[PDB]
Asker: 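Glutaminase kidney isoform, mitochondrial, bound to CB-839 - let me ask you about this one.
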Amino acid sequence: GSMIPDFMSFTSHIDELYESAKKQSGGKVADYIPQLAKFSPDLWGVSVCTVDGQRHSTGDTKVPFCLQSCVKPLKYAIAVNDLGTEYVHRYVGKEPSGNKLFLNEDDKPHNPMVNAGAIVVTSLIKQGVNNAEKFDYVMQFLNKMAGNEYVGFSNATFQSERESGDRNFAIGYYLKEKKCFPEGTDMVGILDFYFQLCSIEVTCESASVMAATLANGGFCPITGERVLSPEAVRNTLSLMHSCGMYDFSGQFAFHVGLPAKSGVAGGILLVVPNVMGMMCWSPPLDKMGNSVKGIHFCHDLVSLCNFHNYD
Ligand SMILES: O=C(Cc1cccc(OC(F)(F)F)c1)Nc1ccc(CCCCc2nnc(NC(=O)Cc3ccccn3)s2)nn1
């Protein structure tokens, strides 16, 4: 599957799109915790990792930042990989909401990409062991996805996220009341694990390798290791396609047509199946919560290389 005939000319076009996006100065850096409000609005990085293992970065691609919602497709993939589609979707829905409600009509969170869904997915991983082992288990998994490149942890983000996460505690108690967790779940402990996962740190470079693992049918392109089952990958990409960009998800599926997942740190994890993974990062967000520069870049990328799913 050679739709990138000349990698060096392709990176030349990446750089031009990078420079064009750089001029987009709009948006607001998230500031509900100090660990996000700190970030400069001018940070802007794009990293590419093909399914071959070819790499290209431009801009601020080695500055660590928190995954935040970008971790949601990754922990869903781990859950499906270990437990199968059917078991996971006993607890969480499979489609966009069209949203302030915690649960759909079946008393399940709408999908794994919204907070209530990610909290339920978190309760499914490595059940029975304590939180330190749960975290270590997911960390080892993310190391394999990233081919052992930068995966860190921001204790300061974790502490601030947990102390100000009233909406997530409201979701936690509502899900407990509607019996959404597996039997024996310690809800407060699940919220802790959830806040920790949101505080895992990557760079553009390490994250693009994670995305490239999803683009490569579950095989890490820079180690050849099998990390995720084909089922886990397929499921994760479908939900990223339809639910990955908050309230912009429907527009993004229509105009861009690639599986992607945004996050409040300004990251956009982007997958071009069978071609490449990308991570774009610029902290200033539009009013729907997506990185202004990243969105502009994603539109330009598809209008240039015919990467749209139905192109
Ligand atoms: O009940 C379900 C299935 C369901 C599916 C579809 C329709 C439906 O009927 C309903 F919309 F009327 F509820 C119910 N899910 C569910 C129900 C309750 C909850 C916990 C509560 C969610 C958090 C909120 N609390 N108050 C709110 N008020 C507003 O947002 C203000 C507003 C503005 C505009 C129009 C209406 N209100 S949000 N979480 N999830």
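The first residue in the sequence is number 1, and the count goes up from there. Values below: every heavy atom of this structure, side chains too, minus hydrogens, waters and symmetry copies. One-based numbering, in listed order, for ligands and for the atoms of each.
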Asker: Could you walk me through which residues contact CB-839, taking a 4.0 Å heavy-atom cut-off?
Answerer: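 By heavy-atom distance, that gives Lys100, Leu101, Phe102, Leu103, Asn104, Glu105, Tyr174.
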Asker: What is the overlap between the substrate-binding residues UniProt gives for chain A and the residues having a heavy atom closer than 4.0 Å to CB-839?
Answerer: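 UniProt-annotated residues with a heavy atom under 4.0 Å: none.
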Asker: Are any non-hydrogen protein atoms located under 4.0 Å from atom 35 (C) of CB-839?
Answerer: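 Under 4.0 Å from atom 35 (C) of CB-839, zero protein heavy atoms found.
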Asker: Would one find an N or O of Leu101, backbone or side chain, under 3.5 Å from an N or O of CB-839?
Answerer: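 N/O-N/O distance below 3.5 Å does not exist for this pair.
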Asker: Can you list the atoms of CB-839 that are under 4.0 Å from a heavy atom of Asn104?
Answerer: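 With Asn104 as reference, the close atoms of CB-839 come out as 3 (C).
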Asker: For CB-839, which atoms have a heavy atom of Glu105 less than 4.0 angstrom away?
Answerer: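 That gives atoms 5 (C), 6 (C) of CB-839.
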Asker: Which atoms from CB-839 have a heavy atom of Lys100 less than 4.0 Å away?
Answerer: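 Counting atoms of CB-839 from 1, those under 4.0 Å from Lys100 are 22 (C), 23 (C), 30 (O), 38 (S).
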